[PDB]
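Comments concern the structure below.
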4 protein chains.
Amino acid sequence: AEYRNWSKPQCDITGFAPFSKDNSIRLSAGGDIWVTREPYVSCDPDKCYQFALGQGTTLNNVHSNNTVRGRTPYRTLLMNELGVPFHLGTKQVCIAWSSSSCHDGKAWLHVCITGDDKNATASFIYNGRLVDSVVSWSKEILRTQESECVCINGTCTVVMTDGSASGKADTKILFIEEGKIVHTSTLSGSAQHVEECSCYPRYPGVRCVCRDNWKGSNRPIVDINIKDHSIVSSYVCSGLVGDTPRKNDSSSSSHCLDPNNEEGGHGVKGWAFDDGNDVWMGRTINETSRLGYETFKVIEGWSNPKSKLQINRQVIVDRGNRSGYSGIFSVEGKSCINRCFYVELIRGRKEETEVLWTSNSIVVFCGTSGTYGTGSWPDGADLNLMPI
Amino acid sequence: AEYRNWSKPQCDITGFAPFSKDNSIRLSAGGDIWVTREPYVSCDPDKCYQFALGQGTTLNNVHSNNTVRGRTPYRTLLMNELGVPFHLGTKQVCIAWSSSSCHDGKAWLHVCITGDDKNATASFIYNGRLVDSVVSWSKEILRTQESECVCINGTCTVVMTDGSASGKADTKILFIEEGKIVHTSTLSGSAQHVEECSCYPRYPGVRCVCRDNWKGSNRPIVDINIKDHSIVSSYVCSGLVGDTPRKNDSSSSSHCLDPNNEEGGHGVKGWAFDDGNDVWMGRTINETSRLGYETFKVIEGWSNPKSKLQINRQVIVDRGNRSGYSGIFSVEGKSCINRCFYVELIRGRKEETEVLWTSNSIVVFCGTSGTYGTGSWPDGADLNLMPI
Amino acid sequence: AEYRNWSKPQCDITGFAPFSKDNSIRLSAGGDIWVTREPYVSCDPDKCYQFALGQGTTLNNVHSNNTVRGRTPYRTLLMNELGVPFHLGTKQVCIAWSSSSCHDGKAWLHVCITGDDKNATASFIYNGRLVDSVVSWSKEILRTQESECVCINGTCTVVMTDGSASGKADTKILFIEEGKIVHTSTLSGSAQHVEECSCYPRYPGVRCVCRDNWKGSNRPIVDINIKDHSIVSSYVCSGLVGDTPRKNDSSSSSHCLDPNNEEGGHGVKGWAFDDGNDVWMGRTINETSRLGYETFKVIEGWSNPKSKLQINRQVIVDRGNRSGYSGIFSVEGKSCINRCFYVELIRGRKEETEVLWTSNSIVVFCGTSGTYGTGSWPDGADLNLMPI
Amino acid sequence: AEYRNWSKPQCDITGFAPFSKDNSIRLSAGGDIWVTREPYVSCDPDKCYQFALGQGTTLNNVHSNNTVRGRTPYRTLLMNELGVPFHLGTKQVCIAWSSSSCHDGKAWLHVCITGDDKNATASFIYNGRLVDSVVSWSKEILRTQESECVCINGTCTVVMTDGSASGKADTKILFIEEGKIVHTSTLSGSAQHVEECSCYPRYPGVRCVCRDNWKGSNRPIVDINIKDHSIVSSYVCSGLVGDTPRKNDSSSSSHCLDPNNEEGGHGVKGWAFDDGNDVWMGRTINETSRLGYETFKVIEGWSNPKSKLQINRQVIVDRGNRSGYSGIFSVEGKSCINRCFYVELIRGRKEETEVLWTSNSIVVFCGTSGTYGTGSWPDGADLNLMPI
Ligand SMILES: *[C@@H]1O[C@H](CO)[C@@H](O[C@@H]2O[C@H](CO)[C@@H](O[C@@H]3O[C@H](CO[C@@H]4O[C@H](CO)[C@@H](O)[C@H](O)[C@@H]4O)[C@@H](O)[C@H](O[C@@H]4O[C@H](CO)[C@@H](O)[C@H](O)[C@@H]4O)[C@@H]3O)[C@H](O)[C@H]2NC(C)=O)[C@H](O)[C@H]1NC(C)=O
Ligand SMILES: *[C@@H]1O[C@H](CO)[C@@H](O[C@@H]2O[C@H](CO)[C@@H](O[C@@H]3O[C@H](CO[C@@H]4O[C@H](CO)[C@@H](O)[C@H](O)[C@@H]4O)[C@@H](O)[C@H](O[C@@H]4O[C@H](CO)[C@@H](O)[C@H](O)[C@@H]4O)[C@@H]3O)[C@H](O)[C@H]2NC(C)=O)[C@H](O)[C@H]1NC(C)=O
Ligand SMILES: *[C@@H]1O[C@H](CO)[C@@H](O[C@@H]2O[C@H](CO)[C@@H](O[C@@H]3O[C@H](CO[C@@H]4O[C@H](CO)[C@@H](O)[C@H](O)[C@@H]4O)[C@@H](O)[C@H](O[C@@H]4O[C@H](CO)[C@@H](O)[C@H](O)[C@@H]4O)[C@@H]3O)[C@H](O)[C@H]2NC(C)=O)[C@H](O)[C@H]1NC(C)=O
Ligand SMILES: *[C@@H]1O[C@H](CO)[C@@H](O[C@@H]2O[C@H](CO)[C@@H](O[C@@H]3O[C@H](CO[C@@H]4O[C@H](CO)[C@@H](O)[C@H](O)[C@@H]4O)[C@@H](O)[C@H](O[C@@H]4O[C@H](CO)[C@@H](O)[C@H](O)[C@@H]4O)[C@@H]3O)[C@H](O)[C@H]2NC(C)=O)[C@H](O)[C@H]1NC(C)=O
Ligand SMILES: *[C@@H]1O[C@H](CO[C@@H]2O[C@@H](C)[C@@H](O)[C@@H](O)[C@@H]2O)[C@@H](O[C@@H]2O[C@H](CO)[C@@H](O)[C@H](O)[C@H]2NC(C)=O)[C@H](O[C@@H]2O[C@@H](C)[C@@H](O)[C@@H](O)[C@@H]2O)[C@H]1NC(C)=O
Ligand SMILES: *[C@@H]1O[C@H](CO)[C@@H](O[C@@H]2O[C@H](CO)[C@@H](O)[C@H](O)[C@H]2NC(C)=O)[C@H](O)[C@H]1NC(C)=O
Ligand SMILES: *[C@@H]1O[C@H](CO[C@@H]2O[C@@H](C)[C@@H](O)[C@@H](O)[C@@H]2O)[C@@H](O)[C@H](O)[C@H]1NC(C)=O
Ligand SMILES: CCC(CC)O[C@@H]1C=C(C(=O)O)C[C@H](N)[C@H]1NC(C)=O
Ligand SMILES: CCC(CC)O[C@@H]1C=C(C(=O)O)C[C@H](N)[C@H]1NC(C)=O
Ligand SMILES: CCC(CC)O[C@@H]1C=C(C(=O)O)C[C@H](N)[C@H]1NC(C)=O
Ligand SMILES: CCC(CC)O[C@@H]1C=C(C(=O)O)C[C@H](N)[C@H]1NC(C)=O
Ligand SMILES: *[C@@H]1O[C@H](CO)[C@@H](O)[C@H](O)[C@H]1NC(C)=O
Ligand SMILES: *[C@@H]1O[C@H](CO)[C@@H](O)[C@H](O)[C@H]1NC(C)=O
Ligand SMILES: *[C@@H]1O[C@H](CO)[C@@H](O)[C@H](O)[C@H]1NC(C)=O
Ligand SMILES: *[C@@H]1O[C@H](CO)[C@@H](O)[C@H](O)[C@H]1NC(C)=O
Ligand SMILES: [Ca+2]
Ligand SMILES: [Ca+2]
Ligand SMILES: [Ca+2]
Ligand SMILES: [Ca+2]
Ligand SMILES: [Ca+2]
């Protein structure tokens, strides 16, 4: 085994082809399936895994009540091969209400945060042993990506925040060799509020498209130099913006350097990536709530903050159906690195009151240089007909 | 590992011996089992896998209601080792209401079609990653084999159809190397309507026995040349016909070049293969609906449309029990390649109205050069006692 | 991977020590467990597996009513690692209402009989594929060991029988190289009725202790010579006899050559093995029923049909608890071949009417050269309380 | 594969970071989970496994009633990967109401005890086969560690006791090479009563911190020399003592050589390990009950029996929540041997009467040299609401 360098060009991408879907909530109506949220996909050199933070209970279970709450001591990082639903034989790989995982080509890293809000612990697990931990620095919800970290040459980088979800916070970027923290750099550049980063390799470094939970409906971008540990940061230029909430396409604007200040409060984890001066991105279809999901390419969207020229829209989940988090993951091919993404399909509370629980299922798409058509792959469960 | 060439002669067949049976519906009255249809079997160099298209629900479950419907966004391809029932830990390998898979010797290829009826997408997945896709070309249910594809020296071939199910359609033969579509031939020769091909390697090429849904109750054959990508086509000569519906053994007739026009409308997926000038084949026992299943050899049935002389008949499923799709798979022995087949056992709607679901179990048999007896292996579930 | 040849002397044995227990019936009161009978154990060069003949249903399931019936088309051979009970992701490896399996050093052989009573088929599955098959020769319930077959230098051997359960029958011994029946010797010697041989390697040949269902309560021995294919047979001398029914310890008698003729009709599968002129053996504790199970050594019991001198008795199952079939398997150690045995713990119909089903669980012991205490390890389910 | 030698220095430890949590009881409210007790953790060279003793039943099962009882014939050793809860595909690896397992770098040893109280058998199982066994020596509950044994250069050591739980008993230390008992040394030195050793490698020896069920609320220490099988023993000096019951902190005292005589009757399996002259240790938070769990370093606690100077307390389970047994396990990192521990979270009878059953879940922490914060990770099931 050798380390992953990801030293290959990014695949041509004309859009995205259907890759996976686990019908988890549908299955949980006549089967024992975990209650989860904040899923993500990451792959080893051979195959892909679906990860999620479980709520320490199955769906049909009295303990599914109040799973709307996102940090308890019962939450663990669940790990299956992609498309194996989270049944009872699933491995809980660490204790976590916030995580990130990646494979460096030799083994798995998990970064798992659990504990008190004001005094959380991050565990660093490499090759199924605990190799390090770090305490919260700002004593206010230590939290990380909820999607894959990125390793190059045996150095994994990951992005962590501690501090306000509505004001300056302390974002750091950790550099990990075999589960050992070898460096911590602090967020630098003009990105003002960075959460829940979707990172992807972009040799020779990593790039991340995050959530601005404070004053932005544009998403931040963090670049990480893996060799000198330097950081830079800014925002996705595209005039069509990628956060929810946001302003409609006719009213919306952006900036390459600052939060656009447009319905900036709150957000949702999402992703984007560059393709020369254009940008690929997904977002909820509905501007104010997490309904629907679509991807498109904004032409000049990476370098021109006035560009509102999209093409190649695909509906992934139609606007009448629920979405949630999304994130990127990268997959090595023969000649090129491909880009894929998952969409968390959230069902239950608070939005939907006919059940007492909150959970999700997922749908995953991947980049293609070929052709594709259309459709919509929502969750599909009838909550009117699920357990009392 | 090495590429499969299939470059050994076909085994002697004196008939087929019992190989596998999953008792899926019988288990689902006391277990969480998937609801499926369009199953099939394919094997890697070491062992055999059973596939089916899920309905994104288990049987005992509110979402099993109305799974008579064959194309929904919830359908996925399920893959277990052969003889492992589709329990809740079964892997969904891709999104699909129509699929074909095969192993080229080094890795699996899955061909997976989902999306809108008029704008469906085929995904190609190889060694666990999405390598290609293609849009529907004629905007009318892009569909494929529902049984193993076939790979020779690195090149996998698959047959796909887009268009009318009761008139001319556009059928093509894709050539795929490591999941990459490298060439695309159009259906050629005298086969007028082609669906749901059962293909096998017949070195140096591939042969398929398909379902003419339009004007034939005889079965199309398609020869695919893997090196120059050429395609010839015709019908199964044998005067005993393999489609359902069809006319009885007395009235029935055929033709080597054209559909017979005998209750030719509609059909059922099936197989047949050549043994010199004789043909081994299976079919439902009943002439007009999917009841029973039988196999025999027709002496000169491969090459003489007037041949109505069968021998070595075996009842696989008796005429009072439901049957369904059936297809071929091939397995490499020490010195020869063998031919096996599965038979889908369909239970539920529309035919059986005591339940709201439609699902199936499978039985599987393999070519033997030894001797054998008699029996019947139906589904064995009591729908009158089932999860009501 | 080399072929096993068992060319090491038998281990010293002082008795047997607890090895494994699957608690299958106790679990199926609150989970999905298969209904089974006719279990056995065989091991690959690394680990052991447990087998049984499924009834195509789980216990808590409408389909388990009437599982007293030992031959249906829904029966399949189950295979897990030893100690993994037969839950829903258990692999069915073949269609079988009678079977035998073994591993030859490189791969599994499985011998699986199913079909009509009057015309059953044996299928021979090696290294994942069907390689051969035979019809019933005498058209009366073709059947085989229900326990491990034995392979030496790549030749496996299995004893099968076709014919009357209660008068002269046709017993053959097949030799199988890589799934291929390379020879068939007919039964020869003194043994007059032979069923369910529990065989073991005894380099350079194989030995079996069987069940006489006709006029013997002494158990038959069958010697199989693997190079010349010759067959001798006789009975186990011991004045203490293995079969059930039998006459009590005071009244019983035996013969090194002929059925002893005492309550001989009917029987139960069991085992014994020589140790110089002494014999190790197990048997039920009730002389008339499949209640309890014991093992002891009979001093000179292997060459003196007058020896009723036992020692080293162990109760495996106490006398007020149900037992059933029992069988030997062999396990290669560093310097010697050890011998072990399993005991089928039959619960339900017809002997127990609180339930509708019939099933078993199993307990497994292994030869020890060290020391050991006492106990009882019954099935332990409360049928007064199980599923309706 | 070489044998583990553990010839690495012990890791710097500043405290413990969360590693794993199985949520077993929470899950059992809506799934098929095993009833267990006396859990522990042990790792092969790659990954950790969670072991426990089952009660031969699942929780939502009639047979969970009276699982308070700790030696039945239906108790088996359960073994999964760490994080996979004990569902029905869980392997039972031997018959046990008492056990110890370790990996020597080449394979697994399991030491398994079952049988009558007055006449129990210990079976030694290595590389998946029975290699040895030993009878009870004092004919009064032969019993062993309930945590990992330790192997150095292929010689594994284990600690077993037989005799009174409240008076002088007969404690032996066995030495086992690939399954074979090669030596038995007897306990020696000043420890007067020794149960349930939590042992760990301390090159070139092995060191255990045990439970005095007689007169000591300080914990016995046993040292084991592996080359010449000599044994020394004593007690943990620390004035803060590990056992439950014990005296409160103000009132307690200890002794380096003798049971302290302070509420000695009874106790609980627990652990400790030296760090210079300092001691790391855990214990229940409540002095008299198995409520809560905590860890700390006692400054000079290893050599100064009057030290009561704790630092680096961590709460693992808050004091309003139930704990239970705990023990150590060692994981080899790149340059040092780490120390970890697991805590049994007992729920149900007799302490809690809302349910008829007794079971547990587990939490696992591992030593860290990094930093960490605070929390509490209890069982989290609600019995007011569980099955029935
Ligand atoms: C079958 O499936 C394929 C693949 O999914 C569909 O083709 C896709 O259709 C999308 C919807 O029309 C196309 O995306 C749109 O692209 C427009 C591009 O503008 C074009 O100008 C170029 C030259 O520069 C021309 O080729 C095109 O003809 C266009 O006129 C965008 O303007 C459009 O953006 C918006 O429209 C949407 C609604 O669609 C609004 O929601 C949005 O706010 C904005 O006003 C959108 O991005 C997509 O590119 C195309 N993809 C490919 C690869 O061809 C077929 O249409 C499907 N057919 C059926 C019958 O379902
Ligand atoms: C035990 O197990 C074996 C294996 O299944 C059974 O043997 C099979 O029985 C089948 C039915 O008898 C045989 O298939 C038939 O083959 C017939 C050929 O008849 C022969 O005539 C030729 C040429 O004149 C001779 O060479 C042969 O020796 C035969 O005597 C077909 O005519 C027949 O075709 C039909 O009959 C069926 C009903 O069976 C109709 O449905 C059909 O429409 C048509 O009129 C049929 O195909 C089969 O070959 C034979 N297999 C082997 C290997 O022997 C035994 O019958 C079973 N024994 C018991 C007691 O059940
Ligand atoms: C703890 O666990 C051990 C091992 O399981 C028990 O020891 C075993 O006890 C058995 C039952 O007594 C022994 O087997 C018996 O052997 C008898 C022969 O008498 C002995 O023979 C030699 C010399 O003759 C001497 O070594 C002995 O000292 C004895 O005198 C057999 O006669 C006896 O056979 C029968 O008795 C049974 C009832 O028990 C009848 O069912 C039967 O029909 C027949 O009349 C039996 O085979 C066994 O060898 C022995 N094992 C070993 C290794 O020593 C301890 O007894 C256990 N302790 C407790 C309290 O349970
Ligand atoms: C966030 O998380 C970290 C790590 O969990 C916490 O820091 C830990 O807090 C513990 C509780 O105070 C510390 O353990 C205590 O250590 C005391 C030692 O006193 C020190 O003297 C040293 C040097 O000699 C100075 O540096 C310090 O100022 C210390 O004061 C012990 O005496 C103390 O002992 C007891 O108090 C406990 C607490 O109730 C009693 O139950 C007990 O019986 C006895 O009377 C205790 O062991 C721990 O060392 C410290 N760890 C580290 C690595 O820093 C933060 O406190 C957390 N913060 C929040 C806001 O949650
Ligand atoms: C739960 O278990 C109770 C105690 O069971 C006794 O010991 C166990 C180790 C077990 O193996 C069991 O067989 C033993 O009887 C049961 O109470 C016992 O019930 C039996 C007959 O029902 C009675 O003769 C015993 O005296 C009684 N023992 C005690 C200590 O109560 C429970 O059975 C129930 O409770 C009984 C008291 C009775 O009311 C009956 O209706 C119940 O079946 C077991 N509980 C349940 C819900 O099954
Ligand atoms: C699910 O949980 C909710 C929230 O805890 C429960 O509602 C509470 O009920 C308790 C006691 O039953 C009341 O004292 C609280 O004031 C309620 N809280 C709120 C926020 O409404 C509810 O009972 C649970 N429902 C079920 C079916 O378990
Ligand atoms: C259980 O079965 C009883 C006997 O059934 C007979 O044999 C079985 C194999 C079936 O073929 C069945 O149709 C036959 O009647 C029934 O008489 C009885 O009603 C059944 N019990 C229940 C509770 O359903
Ligand atoms: C703590 C701030 C962070 C948003 C930036 O909240 C996230 C919001 C969530 C959301 O927007 O759905 C749910 C996440 N589980 C949550 N994480 C934690 C640790 O609370
Ligand atoms: C669309 C025509 C095609 C066969 C001719 O329909 C098949 C009919 C079916 C059938 O005959 O049972 C079920 C198949 N799932 C269906 N395939 C799809 C993709 O709809
Ligand atoms: C057919 C004779 C044979 C032994 C005499 O019957 C066995 C007896 C049985 C028995 O005595 O329990 C049950 C076995 N399942 C059965 N096997 C078959 C194949 O029917
Ligand atoms: C027999 C003495 C022994 C240690 C004191 O008791 C242990 C105490 C127990 C306890 O204190 O919880 C439960 C253990 N299962 C038990 N082990 C056995 C085998 O009884
Ligand atoms: C077969 O079907 C035709 C109808 O086309 C009918 O006339 C004929 O009698 C049937 N044959 C037999 C043998 O029953
Ligand atoms: C064929 O199937 C139908 C099922 O509805 C039945 O009524 C018909 O009589 C059957 N006929 C034959 C000849 O098998
Ligand atoms: C054997 O079992 C039967 C079954 O009930 C019982 O009646 C009988 O007493 C037992 N006989 C002996 C001698 O143990
Ligand atoms: C400790 O124990 C005694 C009871 O024996 C009690 O008097 C005292 O208050 C306790 N001390 C503390 C600090 O709780
Ligand atoms: Ca925002
Ligand atoms: Ca047709
Ligand atoms: Ca259930
Ligand atoms: Ca007999
Ligand atoms: Ca004590």
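Proteins come first, then strands; the chains are lettered A, B, ... in the order of their sequence lines, and each starts at number 1. All ligand and atom numbering here is 1-based and tracks the order in the structure. What's counted below: heavy atoms across the whole structure, side chains too, no hydrogens, waters or symmetry copies.
As PDB records put it, the drug at ligand 11 is oseltamivir carboxylate.
Ranked by contacts, the chain bound most extensively to oseltamivir carboxylate (ligand 11) is, in the PDB entry, neuraminidase. Counting only non-hydrogen atoms, chains lying under 4.0 Å from oseltamivir carboxylate (ligand 11): D. In this structure, the protein non-hydrogen atom closest to atom 6 (O) of oseltamivir carboxylate (ligand 11) is D:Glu196 OE2, 4.6 Å.
If you check which protein heavy atom lies closest to atom 18 (C) of oseltamivir carboxylate (ligand 11), you get D:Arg71 NH1, 3.7 Å. Regarding atom 14 (C) of oseltamivir carboxylate (ligand 11), its nearest protein heavy-atom neighbour is D:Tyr325 OH, 3.4 Å. Using a 4.0 Å threshold on non-hydrogen atoms, atom 11 (O) of oseltamivir carboxylate (ligand 11) counts as touching the protein.
Counting protein heavy atoms only, atom 15 (N) of oseltamivir carboxylate (ligand 11) is closest to D:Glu38 OE2, 2.9 Å. Oseltamivir carboxylate (ligand 11) has no atom lying under 4.0 Å from any heavy atom of D:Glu146.
Counting only heavy atoms of the protein, atom 2 (C) of oseltamivir carboxylate (ligand 11) lies nearest to D:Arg143 NE, 3.5 Å. Inclusion of D:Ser98 in the set of residues having an N or O under 3.5 Å from an N or O of oseltamivir carboxylate (ligand 11) is not warranted.
Any N or O atom pair closer than 3.5 Å counts here, and D:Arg290 shares at least one such pair with oseltamivir carboxylate (ligand 11). The N/O atoms of D:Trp97, backbone and side chain alike, include none that comes under 3.5 Å of an N/O atom in oseltamivir carboxylate (ligand 11). For chain D, the PDB entry reports the organism Influenza A virus. Those other ligands and ions that come closer than 4.0 Å to oseltamivir carboxylate (ligand 11) number zero. For oseltamivir carboxylate (ligand 11), the residues with any heavy atom closer than 4.0 Å are D:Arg37, D:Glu38, D:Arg71, D:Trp97, D:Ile141, D:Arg143, D:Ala165, D:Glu196, D:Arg211, D:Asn213, D:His266, D:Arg290, D:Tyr325.
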